[PDB]
Amino acid sequence: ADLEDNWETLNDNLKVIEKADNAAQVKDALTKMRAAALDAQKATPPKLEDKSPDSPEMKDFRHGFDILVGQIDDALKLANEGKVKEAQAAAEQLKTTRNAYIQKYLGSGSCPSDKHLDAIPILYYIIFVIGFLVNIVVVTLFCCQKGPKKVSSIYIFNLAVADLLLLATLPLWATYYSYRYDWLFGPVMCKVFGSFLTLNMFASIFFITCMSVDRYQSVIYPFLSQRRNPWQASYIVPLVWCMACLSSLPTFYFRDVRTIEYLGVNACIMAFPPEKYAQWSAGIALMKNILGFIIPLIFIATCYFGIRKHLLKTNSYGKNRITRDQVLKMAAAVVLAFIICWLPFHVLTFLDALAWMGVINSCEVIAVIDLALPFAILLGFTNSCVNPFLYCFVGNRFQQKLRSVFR
Ligand SMILES: COc1ccc2c(c1OCc1ccccc1)C[C@@H](C(=O)O)N(C(=O)C(c1ccccc1)c1ccccc1)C2
Ligand SMILES: CCCCCCCC/C=C\CCCCCCCC(=O)OC[C@H](O)CO
Ligand SMILES: CCCCCCCC/C=C\CCCCCCCC(=O)OC[C@H](O)CO
Ligand SMILES: CCCCCCCC/C=C\CCCCCCCC(=O)O
């Protein structure tokens, strides 16, 4: 007897019609749908409870269900005439109006691309070249290297390739933003380069974790080169890319171009099943926090504080303090650079999830989330500019200062 419940009754009876053999089954399902549509018509949308009954938005709201009942009656006519297949075809027209509802009222849409800043496209390209240069230096340095590479370098290389490949998609999103969320590259490049981003970004976050584990292993076990298993890197590297691949599978199944009518543009969005669009957006958002921040941060944090106590356990010399503090400074940078770059995006992601769940119905809050999302998304890309400084460039100084305190 609620708007959310009235739409579940409708989309559930839509399925009954699609799998039916006689017109009596269709007639029965359509009868329930007509009652739900009329009842839903008497349900103010929760996100705009403030708006008065006669506001033009509540006029278009109740009107959407008049179009719906009109289609439900046209199908009932065919079903009463024993035209089961004709009625089923008419029910396809209902999914078209149901799609119009979830865009207009369900989610962020009820509160436009006309919040466009010229800065974002400028900033996105700035990070692109800056990141592509520092990361093309990381890989090229390996050519000029003069020493024995530890398994750590394997993670440095894979971290840079992922950073380069995800940074390589920044021009797509800068142009996508400059054209007010109107995808021009085609429907295949939205599903492809949309998942390709999520793929390399999970890989980037998963390899950052491998680095924090390896460095924690380096402090607790000084003889780690011999202590290692030669095959471990041969197993860990494939495993990371596969975990990143599995983590981005939802993007590949759903990421596709869909036409936003009221905006008149072709957007590259997550095309969830409309009958469960809110539940997926909330669920997928929460898996972004867990797999992409919570679980990762549990490793970096544990590895850091595990390094911190070990260094505090060895000695207390006044000079060795300098060598041990520089290691703590370098271990404290990866953990801080990760939360500074990623905590903004994931907080907004969690809040957006609380919106799809119905907790945050404030439009002023949802507007702030939408206005701050492109900047938070940029800090995520920025950690790809900070990774070269955190590992590669300070990689020679890390190994040396452990061999000093382990003399
Ligand atoms: C056609 O668009 C887009 C398709 C797919 C994606 C995005 C996108 O939006 C991009 C966009 C930017 C600017 C303007 C318009 C769009 C952005 C982002 C997201 O969930 O929302 N995303 C990501 O994998 C995340 C992410 C989060 C957790 C763990 C791994 C990856 C991401 C966040 C921040 C920085 C990089 C990656 C895929
Ligand atoms: C933008 C800045 C806002 C800051 C918000 C950060 C959000 C992440 C929260 C915690 C991650 C770190 C976990 C901290 C847990 C402390 C563990 C600890 O203190 O361990 C002591 C050690 O064991 C001695 O014996
Ligand atoms: C290896 C371990 C990996 C762990 C894997 C992480 C996956 C995410 C886990 C839990 C989130 C569950 C979210 C599902 C619930 C979605 C919200 C919902 O259904 O409710 C919507 C709302 O009620 C309508 O108004
Ligand atoms: C970045 C900050 C992250 C905050 C931690 C939140 C972690 C959430 C983890 C699992 C979500 C649990 C289930 C989600 C709510 C149940 C669905 C519902 O209530 O309808």
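FYI, the numbering just counts along the sequence from 1. Note: hydrogens, waters and symmetry copies are ignored here, and every other heavy atom, side chains too, is used. Recorded method for this deposit: X-ray crystallography, 3.0 Å. Just follow the structure's listing: the first ligand is 1, and inside any ligand the first atom is 1.
Here, the chain sharing the greatest number of close atom pairs with ligand 1 is referred to in UniProt as Type-2 angiotensin II receptor.
Found at ligand 1 is the drug olodanrigan. Following UniProt from the N terminus, chain A has transmembrane segments with a non-hydrogen atom under 4.0 Å from olodanrigan at positions 1, 2, 3, 5, 6, 7.
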